[PDB]
Structures are given as structure tokens and as C-alpha cells.
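Looking at a structure with tiratricol today.
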Amino acid sequence: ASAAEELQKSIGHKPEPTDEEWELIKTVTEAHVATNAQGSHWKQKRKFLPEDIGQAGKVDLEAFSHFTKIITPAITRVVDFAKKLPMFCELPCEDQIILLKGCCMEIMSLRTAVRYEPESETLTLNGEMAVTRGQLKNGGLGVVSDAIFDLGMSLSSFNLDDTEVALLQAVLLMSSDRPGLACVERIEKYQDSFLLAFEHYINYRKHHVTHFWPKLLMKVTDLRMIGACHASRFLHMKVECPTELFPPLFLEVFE
Ligand SMILES: O=C(O)Cc1cc(I)c(Oc2ccc(O)c(I)c2)c(I)c1
Ligand SMILES: [As]
Ligand SMILES: [As]
Ligand SMILES: [As]
Ligand SMILES: [As]
Ligand SMILES: [As]
Ligand code: NA
């Protein structure tokens, strides 16, 4: 189980998901697939943003406007993902907003990075709007745009499926280091159940890529970095752009 994990590996075998883990895996996957804008066919049904909005330095009002106008639906799908996870529900109100505010940008940026399109060198926001590096940058994200784009390009080789993306989200969600958490121990035990099932799913997947698990975990910290760096970007925006231009849900998640 969680203990018999050493010998098994120490002899050279890689345990695949136990039956209990297979259920957790299906729960997390369904939760993700059901709340991910579009699905399978997300890329023929997407519109590029006119090459003039991104103004191809103050934040470009037009881009910021187009981006903030569709941010509420994005945040909402993240809360929805969390709600479909039994472990999340087993936590106190106080802790739940904490976890959500903490992983929101981490998960959202993962969802747009995983949909990087190398042909047109674009990322797609909310499954509809496809933007370029500069557009997203000038829209208000600054270097965050570069971070997500670089993550996206690197992720191409990982060939992640819905389950792997879902498990990543689950690991980001259950972060017991968020300041102000009450149930630090319980939340850490949950992230452990996810990481254990995740690693096992990876052994079952058999990616023809060396040290997949470790490299994959490094992406975790990058997403955490993208989030922390976005919070700063948020302060840079609250000092230029006016409040009226900040969707109420967008304001409560990041401040
Ligand atoms: O793709 C999805 O599911 C969700 C998603 C939606 C958007 I709009 C988005 O861009 C942001 C995010 C924060 C921010 O302050 C600004 I300005 C723009 C990203 I990155 C991801
Ligand atoms: As609930
Ligand atoms: As509360
Ligand atoms: As608790
Ligand atoms: As950064
Ligand atoms: As920053
Ligand atoms: Na650049």
C-alpha cells in the first residue's frame, strides 16, 4: 500500500494503481474532463484574437478588457473541479477558500499551457480565444505570459492525458503550505494519496521519457511559481487599471 512501497521499487518494479487508487483516479479525471472548457475538440472551435488588440509600459486596456471579460467563467470551472472531489468537501469553509485562492492561477495556467499550439505558436484562453505571447503579455500578464508559454512548449513532450492533468490539478489544489490553513495535516495526507496514485498511473502509462516522474514534479514548482508571479502582476495592475475593470470574482480570488 503506502508502506509496501519501498521493497517493490527497491527490486526494480514499478507498481501500477491499486484498485482504490483506480477509483480516486476516475473521480479526479471525470471531475476534470467535466469542468474543462470544451474537451477533445477544443482547437478548431477557437478564434484568434485580432493581431491589433495585443498592440503588436502600461497595460493595454483593450487586451486587459478582452481577457478580464472571460475570467469569471474560468475561475468558476476551477471551483467546480474542486467541488467534485470528496476530499475537498471534507474540509472546513475557511480552508476551502484558502486552497482555492491559492491554486486558482496555478490550475488555470496549467489548463492553457497544456493546450499550447506550436503550429500557430498560440495558447487558448477558455478553449475559445487563442492568443500569442506578446498579446497575453501586453494584456497584463507581463513575464507571466512568457512563463506559461515556455511551460506549454515544454509540456508538448510529456504528452499528458486528461488523468495526468487532473492529478496535477489535485496535487496543486491540496497544498498544505498555503498561509492560514487549519487542517495542514489532513490536506497533506490528501495530496499524498494523489501523488501516490499519480506516480502509479505514470508507471502504468509507461512514457518513453527518462525520469518522467521527477521532471513532472519540477513542473509542479513552476506552476506554483507562475501563481506567485501572477499575484505580483495583479498588484502591478491594481496600480494602473481602474477597479471598475476588475470582475468581482476576480477580485475576491486574488485579494
Ligand atoms: O484557460 C483556462 O481554462 C483559464 C484561463 C483564463 C484566462 I482570461 C487566462 O488569462 C489571465 C489570467 C489572469 C489574469 O490576471 C489575466 I490579465 C489573464 C489564463 I493564463 C487561463
Ligand atoms: As462540497
Ligand atoms: As469562511
Ligand atoms: As481537520
Ligand atoms: As516570474
Ligand atoms: As513577478
Ligand atoms: Na520573449
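Residue numbers run from 1 in the order of the sequence given. Counting convention: from 1, in listed order, for ligands and their atoms alike. Recorded method for this deposit: X-ray crystallography, 2.4 Å.
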Worksheet item: Which parts of this structure should be attributed to tiratricol?
Response: ligand 1
Worksheet item: What does UniProt call the chain that holds tiratricol with the greatest number of close contacts?
Response: Thyroid hormone receptor beta
Fill in: Short N or O distance, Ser109 and tiratricol, threshold 3.5 Å exclusive
no
Discussion item. Give the atom numbers and elements of tiratricol that come within less than 4.0 Å of a heavy atom of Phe67.
Written reply: 8 (I)
Worksheet item: Under 4.0 Å from any heavy atom of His230, which atoms of tiratricol are there?
Response: 13 (C), 14 (C), 15 (O)
Worksheet item: Can you check whether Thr68 has an N/O within less than 3.5 Å of an N/O in tiratricol?
Response: no
Discussion item. Could you tell me where the covalent bond from tiratricol goes, residue and atom please?
Written reply: none
Worksheet item: For tiratricol, which atoms, with element, lie under 4.0 Å from some heavy atom of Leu125?
Response: 7 (C), 8 (I), 9 (C), 10 (O)
Worksheet item: UniProt domain of chain A most involved in contacts with tiratricol?
Response: NR LBD
Item to complete: Compute the shortest N/O to N/O distance between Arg77 and tiratricol and return yes if it is under 3.5 Å, no if not.
Response: yes
Worksheet item: Which atoms of tiratricol are found less than 4.0 Å from any heavy atom of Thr112?
Response: 1 (O), 19 (C), 20 (I), 21 (C)
Worksheet item: Which atoms from tiratricol have a heavy atom of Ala74 less than 4.0 Å away?
Response: 4 (C), 6 (C)
Worksheet entry | Atom indices of tiratricol within 4.0 angstrom of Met237 heavy atoms, with elements | 15 (O)
Discussion item. Using a 4.0 Å cutoff against the non-hydrogen atoms of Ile148, which atoms of tiratricol qualify?
Written reply: 20 (I)
